[PDB]
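Shown here: dexamethasone bound to Glucocorticoid receptor 2.
Reminder, nothing fancy here: chain letters follow the sequence lines and each chain counts from 1. Only heavy atoms go into these numbers, but all of them, side chains included; no hydrogens, no water, no symmetry mates. When a ligand or atom number is given, it counts from 1 through the structure's own listing order.
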Amino acid sequence: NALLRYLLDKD
Amino acid sequence: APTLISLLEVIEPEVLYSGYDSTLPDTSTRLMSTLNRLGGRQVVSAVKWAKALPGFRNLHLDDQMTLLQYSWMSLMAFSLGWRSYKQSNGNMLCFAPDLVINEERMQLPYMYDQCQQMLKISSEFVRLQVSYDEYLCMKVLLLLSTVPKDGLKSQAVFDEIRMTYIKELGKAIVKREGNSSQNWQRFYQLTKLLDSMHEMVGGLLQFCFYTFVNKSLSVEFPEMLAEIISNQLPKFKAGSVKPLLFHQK
Ligand SMILES: C[C@@H]1C[C@H]2[C@@H]3CCC4=CC(=O)C=C[C@]4(C)[C@@]3(F)[C@@H](O)C[C@]2(C)[C@@]1(O)C(=O)CO
């Protein structure tokens with residue numbers, strides 16, 4: 001789930 | 001030091017514009033493709049919103065992921081219900097300020113039944129005259145309302161977070177009515193609304209799974225929505241999801 005994982009780590 | 005509700009108020013994402021071009025005419029395929037493309041962007045917003053919820057980041061990162069995938073539709077239908085309630089007292093679906101479906105516009109054969117389903121959510125907001133703060137607390141509770149049967153990896157943090165927002169829902173009730181000793185009826189009515197969201201959303205989830213899988217309808221989904229749905233499809237079909245209900249039905 002590449003995109004969901006990205007959004008949860010971002011920032 | 002200001003209140004958790006005031007924080008909830010601040011971190012609420014602004015309504016997105018769809019950019020739907022009404023100069024080309026309405027079709028079932030076009031409308032649904034547009035709604036999904038919008039929903040993808042709304043879910044992105046929702047991830048950023050959840051990350052700002054005090055407590056949420058204490059959860060294990062698989063749990064954060066799971067809750068978001070399990071509840072995204074009810075999150076989105078609830079906000080849709082709210083926007084439609086404020087915009088037109090539930091007479092219209094306000095997907096976006098440039099994408100408003102009125103009675104006349106829902107008359108498309110394949111759209112009609114899904115609109116009736118979304119319309120009942122907002123009619124609950126009308127029937128109960130939900131206040132903004134009540135809506136905000138309920139919405140976080142929705143994020144925390146659907147779980148795997150095998151449970152979560154940080155179950156105890158999860159239980160503590162649920163308690164926090166249940167109390168917070170209590171404070172919303174107080175701000176609205178004052179210190180009435182019938183605030184207990186209201187709490188009751190509001191948890192019953194939350195419970196009824198599983199049923200109301202189930203119909204929307206069926207449409208969504210159906211249109212995602214039966215691609216002969218040509219309905220487009222953005223990558224954000226595709227990732228979640230294709231991940232959730234086999235779980236819901238394997239009957240492996242547990243809805244949390246406040247009252248045994
Ligand atoms: C009936 C279902 C339920 C619909 C969703 C209901 C909630 C919602 C509210 C919005 O403000 C924007 C998009 C969404 C998130 C949505 F409207 C679209 O995604 C299209 C959707 C999945 C649906 O219409 C389809 O399956 C069409 O393919």
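Every copy of dexamethasone included, the relevant parts of the model are ligand 1. Other chains near dexamethasone (heavy atoms under 4.0 Å), by letter: B. Contacts between B:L35 and dexamethasone below 4.0 angstrom, taking non-hydrogen atoms only, involve backbone and side chain alike. Listed by number with element, the atoms of dexamethasone under 4.0 Å from a non-hydrogen atom of B:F207 are 1 (C), 26 (O).
For dexamethasone, the atoms closer than 4.0 angstrom to any heavy atom of B:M32 are 27 (C), 28 (O). Annotation for dexamethasone: atoms under 4.0 Å from non-hydrogen atoms of B:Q42 are 9 (C), 10 (C), 11 (O), 12 (C).
The protein heavy atom nearest to atom 21 (C) of dexamethasone is B:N36 OD1, 3.8 Å.
In the deposit, the organism given as the source of chain B is Homo sapiens. In terms of protein heavy atoms, atom 28 (O) of dexamethasone is closest to B:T211 OG1, 3.0 Å.
At the top of the distance list for atom 17 (F) of dexamethasone, counting protein heavy atoms only, stands B:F95 CE2, 3.3 Å. Proximity to B:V219 (heavy-atom distance under 4.0 Å) selects the following atoms of dexamethasone: 28 (O).
Atom 2 (C) of dexamethasone has as its closest protein heavy atom B:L204 O, 3.9 Å.
At a heavy-atom cutoff of 4.0 Å, dexamethasone is contacted by the side chain of B:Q114 but not by its backbone.
For atom 11 (O) of dexamethasone, the nearest non-hydrogen atom from the set B:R37, B:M76, B:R83 belongs to B:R83.
If you look at B:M73 next to dexamethasone, the close heavy atoms, those under 4.0 Å, all belong to the side chain. Shortest contact from atom 4 (C) of dexamethasone to any protein heavy atom: B:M118 CE, 4.1 Å.
Binding site of dexamethasone at 4.0 Å (heavy atoms): B:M32, B:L35, B:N36, B:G39, B:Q42, B:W72, B:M73, B:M76, B:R83, B:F95, B:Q114, B:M118, B:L204, B:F207, B:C208, B:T211, B:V219.
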N/O to N/O under 3.5 Å, dexamethasone against protein:
residue	atom	partner	partner atom	Å
dexamethasone	11 (O)	B:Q42	OE1	3.0
dexamethasone	11 (O)	B:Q42	NE2	3.1
dexamethasone	11 (O)	B:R83	NH2	2.9
dexamethasone	19 (O)	B:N36	OD1	2.8
dexamethasone	24 (O)	B:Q114	OE1	2.8
dexamethasone	26 (O)	B:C208	N	3.4
dexamethasone	26 (O)	B:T211	OG1	3.3
dexamethasone	28 (O)	B:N36	ND2	3.2
dexamethasone	28 (O)	B:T211	OG1	3.0

